[PDB]
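Here we have a structure that includes metformin.
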Amino acid sequence: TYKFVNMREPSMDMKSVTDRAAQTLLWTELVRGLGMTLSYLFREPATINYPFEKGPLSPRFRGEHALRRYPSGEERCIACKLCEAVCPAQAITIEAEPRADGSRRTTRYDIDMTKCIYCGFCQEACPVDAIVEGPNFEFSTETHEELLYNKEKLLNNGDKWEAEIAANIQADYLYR
Amino acid sequence: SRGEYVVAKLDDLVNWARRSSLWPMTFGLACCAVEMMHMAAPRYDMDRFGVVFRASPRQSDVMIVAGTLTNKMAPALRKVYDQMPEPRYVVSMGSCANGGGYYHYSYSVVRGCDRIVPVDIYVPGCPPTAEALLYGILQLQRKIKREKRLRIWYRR
Amino acid sequence: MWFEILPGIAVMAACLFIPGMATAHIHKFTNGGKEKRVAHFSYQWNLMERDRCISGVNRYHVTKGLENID
Amino acid sequence: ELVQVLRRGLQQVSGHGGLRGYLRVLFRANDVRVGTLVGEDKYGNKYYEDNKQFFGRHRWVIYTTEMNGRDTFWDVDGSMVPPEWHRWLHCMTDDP
Amino acid sequence: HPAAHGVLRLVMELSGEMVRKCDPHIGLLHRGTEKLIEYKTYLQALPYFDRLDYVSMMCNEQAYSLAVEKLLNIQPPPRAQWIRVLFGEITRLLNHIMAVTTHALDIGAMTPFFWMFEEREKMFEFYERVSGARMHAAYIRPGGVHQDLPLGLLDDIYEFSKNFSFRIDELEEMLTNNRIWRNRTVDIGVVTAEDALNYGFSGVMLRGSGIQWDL
Amino acid sequence: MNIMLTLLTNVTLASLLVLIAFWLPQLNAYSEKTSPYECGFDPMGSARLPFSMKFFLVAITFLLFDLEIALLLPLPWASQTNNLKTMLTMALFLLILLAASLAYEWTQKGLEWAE
Amino acid sequence: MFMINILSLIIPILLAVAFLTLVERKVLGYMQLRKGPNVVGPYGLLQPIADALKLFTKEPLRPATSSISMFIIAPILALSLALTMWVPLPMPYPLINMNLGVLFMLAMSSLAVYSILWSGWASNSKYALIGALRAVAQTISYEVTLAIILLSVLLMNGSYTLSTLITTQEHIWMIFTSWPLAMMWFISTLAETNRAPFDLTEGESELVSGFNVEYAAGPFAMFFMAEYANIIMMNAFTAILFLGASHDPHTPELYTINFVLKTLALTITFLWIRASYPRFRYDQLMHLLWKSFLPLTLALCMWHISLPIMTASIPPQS
Ligand SMILES: COC1=C(OC)C(=O)C(C/C=C(\C)CC/C=C(/C)CC/C=C(\C)CC/C=C(/C)CC/C=C(\C)CC/C=C(\C)CC/C=C(/C)CC/C=C(/C)CC/C=C(\C)CCC=C(C)C)=C(C)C1=O
Ligand SMILES: CCCCCCCCCCCCCCCCCC(=O)OC[C@H](COP(=O)([O-])OCC[N+](C)(C)C)OC(=O)CCCCCCCCCCCCCCCCC
Ligand SMILES: CCCCCCCCCCCCCCCCC[C@@H](O)O[C@H](CO[C@H](O)CCCCCCCCCCCCCCC)COP(=O)(O)OCC[N+](C)(C)C
Ligand SMILES: CCCCCCCC/C=C/CCCCCCCC(=O)OC[C@H](COP(=O)(O)OCCN)OC(=O)CCCCCCC/C=C/CCCCCCCC
Ligand SMILES: CCCCCCCCCCCCCCCCCC(=O)OC[C@H](COP(=O)(O)OCCN)OC(=O)CCCCCCCCCCCCCCCCC
Ligand SMILES: CN(C)C(=N)NC(=N)N
Ligand code: SF4
Ligand code: SF4
Ligand code: SF4
């Protein structure tokens with residue numbers, strides 16, 4: 001079905017003609033717009049008092065990246081390169097070798113945060129919940145190089161944000 | 001010293017005015033400019049802080065490079081940056097402006113607006129949220145707070 | 001809230017008070033406590049000049065009266 | 001009534017610990033609302049809640065005047081909140 | 001330019017202020033999306049569509065997913081289809097808010113821009129709740145949707161939808177019957193139905209010209 | 001005298017503001033900064049070329065109507081005369097002729113802009 | 001003491017201009033559901049000071065294609081005339097008491113026209129030229145309509161003296177007497193001051209800052225100050241002309257308070273209109289006054305010529 005947005009004609013009776021003439025000579029719709037703006041003036045603003053008040057977020061939010069650990073302290077990442085394979089922007093560089101104790105662990109785990117599109121594919125493809133996107137989003141820097149994270153930086157992010165990351169994963173893991 | 005105290009107070013006053021009155025040029029390139037509009041929106045009102053969009057580059061203090069910078073667009077961005085009078089600052093926003101972004105390995109995309117203009121602040125994200133951009137703006141303000149031009153000149 | 005606009009309006013109103021009140025006080029100060037004489041016409045100007053002449057101090061606002069005629 | 005609003009304003013003045021505290025919270029937070037203190041972290045930041053405010057203004061933080069080794073009396077960042085209070089303040093959970 | 005949307009070079013020949021010809025120079029935001037898609041996989045190319053029309057993002061994702069599923073000869077579940085349509089209409093609300101308010105801002109009115117952009121902020125909250133990203137969700141994928149809705153999303157969407165018609169009415173109170181807006185918009189850019197069809201217009205352009213067509 | 005002093009004060013204040021504007025701040029000018037602004041791209045032509053004026057007839061009519069308002073201005077004093085009937089007739093005559101000029105131009109399409 | 005009076009007229013006007021900038025910011029924000037400046041100072045009271053310091057410490061540049069002499073003169077002329085327009089206003093006592101106080105304001109407004117024209121021509125750019133010619137057309141229309149409207153309203157007064165306006169409005173208001181002329185005068189003052197919906201000389205959406213596209217730093221601030229001073233002065237003129245305040249010779253401060261309140265109400269109405277309405281096209285603005293206001297203005301001028309004669313209510317000559 002369909003409807004006509006504008007196909008109505010005005011009645012030509014004397015009362016309606018006089019009403020339209022009063023609207024033309026006395027700016028009735030303009031006064032109506034003024035009244036609407038005045039109402040909005042006397043309403044309460046929708047502004048939050050940042051940085052003392054923060055906009056709402058969800059457990060699924062994709063912010064800064066982090067490399068997680070098992071509760072024993074062992075790194076979760078097993079150098080499987082699924083995140084590197086699935087990364088759309090090719091932001092992840094991974095190099096690995098057998099460790100001293102024979103573990104399959106990474107030696108280089110770089111993420112170019114100026115190349116990443118924050119799409120969350122890396123944490124979807126991780127089978128051990130190693131790489132995650134944390135809740136942090138206020139990590140702007142003054143130089144370009146500071147946004148080229150490496151394995152040490154990502155492990156520091158994980159250690160710094162482990163509690164909130166764990167809480168969010170606990171909250172949202174049953175939907176995955 | 002008396003002169004040192006005078007110049008310190010004077011360039012505290014000067015940095016306060018520039019920090020508190022920021023006029024971004026009305027300049028957006030791609031999806032990152034929508035978050036600029038949402039930062040201008042009532043929720044994160046940028047006009048509270050003294051941050052006001054001005055259309056003319058002559059009446060602009062900050063260039064927010066929000067979007068992908070292409071080979072066909074780089075000359076215009078450089079031109080408007082040059083036509084901006086000093087002191088002037090640059091805030092790159094989003095992955096495309098920071099480095100290459102989703103289009104890093106492209107024939108028609110500049111891998112970083114810092115290849116074109118000197119960038120003062122980098123805001124990460126795709127797109128960075130309006131709160132992230134506001135944090136970047138406040139970080140730029142704090143960076144301005146530390147400038148000591150009269151103090152450098154006095155000891156020069 | 002909308003009443004946070006008032007302090008700026010209050011400052012603007014206080015600024016706009018200064019010109020008129022200052023002009024009135026200066027007029028009363030320089031005319032011996034009276035309104036500044038309005039002379040839109042030659043008759044009023046000649047009245048002012050005659051007031052200057054008869055005052056004896058070269059000030060039209062110095063008014064004399066019956067004690068001066070006798 | 002305007003009298004009730006003025007009395008609430010006076011209560012806000014007295015609710016921050018006198019006129020000096022009112023001016024301190026006005027000049028370093030641009031807000032003088034009074035809310036129930038949810039808690040305080042190890043760095044000095046105080047967290048307040050007021051469920052009567054609309055969503056987005058019902059939780060807020062008054063930052064400390066000194067964190068680590070930086071004087072943050074005026075220079076307050078959004079990154080000065082530890083992750084747990086960050087989650088509570090950004091409303092990823094209802095539990096402080 | 002404020003009215004050029006950022007990356008449009010409109011070379012215009014003007015006799016005084018009357019327009020003699022418009023020569024839109026485009027490509028200042030050309031990135032090579034199709035070549036990059038050739039180099040990506042089907043799952044890796046979805047965010048490209050997320051970033052094509054960055055005001056109707058889940059709509060672009062839905063179109064791409066429909067194409068890929070048609071090629072694959074598979075079928076999304078009914079709940080996935082219903083979520084797709086629901087968020088497609090939410091995205092349509094976002095896009096139309098942006099379009100109308102930016103149009104009115106180019107004409108000279110900004111208050112509706114601010115109001116309807118607060119509404120856009122609420123819809124961005126919905127997007128972030130389902131996907132974790134405020135606008136570039138990458139939520140609708142070939143085969144269905146990535147994740148299920150949280151356990152309050154439907155109620156919050158119901159509240160938003162309940163309180164939105166008043167916002168539309170307030171938007172109409174400033175523009176619809178305003179004589180300045182009518183002078184600016186009425187009998188401007190008139191296009192006949194045959195010309196629209198031949199030039200290849202689609203959607204609101206056709207329907208404004210009067211063509212009864214909706215996909 | 002007083003008006004001259006006021007004008008001198010205002011002009012001196014404005015000139016002092018300009019002088020402070022052009023000497024107080026640090027200056028750094030080069031060719032790219034001082035080039036004309038055309039939204040990021042070099043202008044094709046020059047701004048000194050002819051710029052067609054589509055309301056050229058309305059400007060001439062404005063000159064004539066400015067004459068009309070100059071004629072009409074001394075009316076407040078003219079209403080203090082004893083020949084009120086003659087004064088009223090002449091004032092209405094001038095205003096009716098002005099209205100006739102406006103109506104003639106409107107009907108002959110002199111108020112429409114050139115295409 | 002006359003120099004002291006000049007300073008007492010000038011400096012508060014500039015301070016009120018700065019705080020009017022702040023007030024417009026906050027009023028537009030609250031009408032747009034925002035808050036406006038409330039961070040720089042308490043309730044954002046130091047925002048004008050910060051903006052002035054930034055503008056006058058920023059680098060000004062003269063374009064390579066510009067005519068430097070007229071590029072510099074234009075802001076000087078704009079600010080000088082904006083400050084000069086205030087000297088005949090009685091609040092309740094004028095600084096300079098003129099016998100023809102209104103024709104002086106008309107002439108000074110027509111001279112203040114040329115600031116934007118010469119700044120647009122001197123800038124030597126296409127957007128500046130377009131803004132200058134938009135100013136030309138706008139001045140044409142508003143000038144003719146304003147002249148005739150003022151003629152009629154003052155014909156209800158008896159002379160061109162604003163103190164005589166006060167004496168006329170001792171009992172009732174010229175808004176009660178002649179409200180249609182008041183409506184058309186308000187629209188014409190909007191057009192004269194280049195306010196929305198008639199902000200066409202500097203139209204951001206269509207032109208990139210219009211006539212002052214090349215102006216920056218201090219010279220730009222002078223144009224802004226001139227515009228806001230003209231806004232306040234025209235609203236004060238409207239208040240004196242149509243909303244007459246009761247005057248007590250022995251306590252004149254009451255007139256000052258009433259006049260300031262009325263002027264503030266009119267200026268806030270200006271800001272309200274800017275927040276409310278879209279922008280005109282300048283051909284539609286020319287057709288608005290010439291084809292709608294001008295016929296009604298002529299008819300009302302004839303009516304206000306006839307009315308004192310037919311009702312034996314001609315005002316005194318002096
Ligand atoms: C191109 O793609 C696009 C974008 O981009 C990517 C976009 O974003 C958007 C989105 C668009 C929007 C979001 C809309 C824009 C956003 C808005 C918020 C619009 C709102 C606009 C405003 C609120 C207007 C504000 C603009 C300005 C310029 C205000 C700035 C203020 C000034 C310039 C005033 C400065 C001048 C001053 C203060 C004058 C005072 C100076 C003086 C010297 C006066 C003092 C003089 C004296 C003599 C005083 C001295 C006296 C003394 C010392 C003694 C006094 C006594 C005492 C006791 C003190 C769109 C659509 C888009 O399509
Ligand atoms: C034309 C106007 C005349 C009346 C002026 C009335 C007073 C004006 C008040 C407003 C001043 C505005 C500027 C405020 C201060 C900031 C800028 C500043 O300091 O500028 C000064 C300028 C500064 O030079 P600048 O070009 O480097 O200015 C840039 C300044 N900074 C770095 C702060 C941005 O000083 C000079 O130009 C001269 C410096 C010393 C060299 C002297 C050379 C000889 C000529 C002058 C001395 C006297 C000679 C006597 C003998 C002559 C015969 C041989
Ligand atoms: C208008 C006409 C021209 C005026 C000419 C000057 C007139 C006087 C200028 C007025 C000075 C205003 C100073 C304002 C002080 C800032 C208030 C305070 O908050 O600033 C703090 C201190 O500021 C700086 O330390 C220095 C400020 C300026 C110090 C005064 C210098 C001397 C001024 C007095 C001399 C004036 C005469 C000499 C010049 C003519 C740091 O705050 P900040 O971190 O940012 O705020 C962040 C926002 N938060 C709080 C929400 C997070
Ligand atoms: C002094 C303070 C005054 C305050 C008044 C403020 C009013 C509200 C302000 C908001 C408006 C500001 C922005 C609006 C700008 C545009 C205004 C506008 O459009 O009005 C003009 C409007 C638009 O015309 P169109 O729609 O284009 O129709 C054209 C047909 N071909 O038309 C007008 O000209 C209206 C003119 C109003 C004059 C008043 C009408 C006169 C009434 C007649 C009765 C009086 C007869 C007197 C004789 C009495 C005998 C006893
Ligand atoms: C009670 C008695 C009075 C008490 C107060 C007395 C002082 C009041 C202020 C007087 C005016 C300012 C005087 C000069 C200030 C110092 C300027 C200076 O020396 O600047 C030098 C320097 C230039 O750069 P430099 O380091 O030399 O390096 C070369 C660049 N490649 O660095 C710069 O140029 C920095 C850029 C800014 C310089 C200009 C601004 C200086 C501060 C002005 C404050 C007041 C502003 C008023 C504005 C007008 C009114 C609104
Ligand atoms: C990016 N889009 C869609 C815009 N409309 N942009 C704009 N600057 N007006
Ligand atoms: S979020 Fe996406 S673009 Fe970023 S590193 Fe992970 S897979 Fe790559
Ligand atoms: S998907 Fe996980 S385990 Fe595999 S390489 Fe990436 S971070 Fe390591
Ligand atoms: S960084 Fe992401 S959101 Fe920003 S312009 Fe690039 S693709 Fe768009």
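So you know, we letter chains A, B, ... as the sequences are listed, proteins then strands, and number each from 1. Worth knowing before you read on, the calculation uses all heavy atoms, side chains too, and leaves out hydrogens, waters and symmetry mates. Partial entry shown, contacts counted within. Heads up, header says this was done by electron microscopy, 2.9 Å. When a ligand or atom number is given, it counts from 1 through the structure's own listing order.
Location of metformin, all copies: ligand 6. Here the macromolecule with the greatest number of atom pairs within 4.5 Å of metformin (ligand 6) is listed in the PDB entry as NADH dehydrogenase [ubiquinone] iron-sulfur protein 2, mitochondrial.
Other chains with any heavy atom closer than 4.0 Å to metformin (ligand 6): B, E. The PDB entry gives chain B the name NADH dehydrogenase [ubiquinone] iron-sulfur protein 7, mitochondrial. Other ligands and ions closer than 4.0 Å to metformin (ligand 6), given by number and name, are ligand 1 (ubiquinone-10).
In this structure, the binding site of metformin (ligand 6) at 4.0 Å (heavy atoms) is formed by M37(B), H5(E), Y54(E), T102(E).
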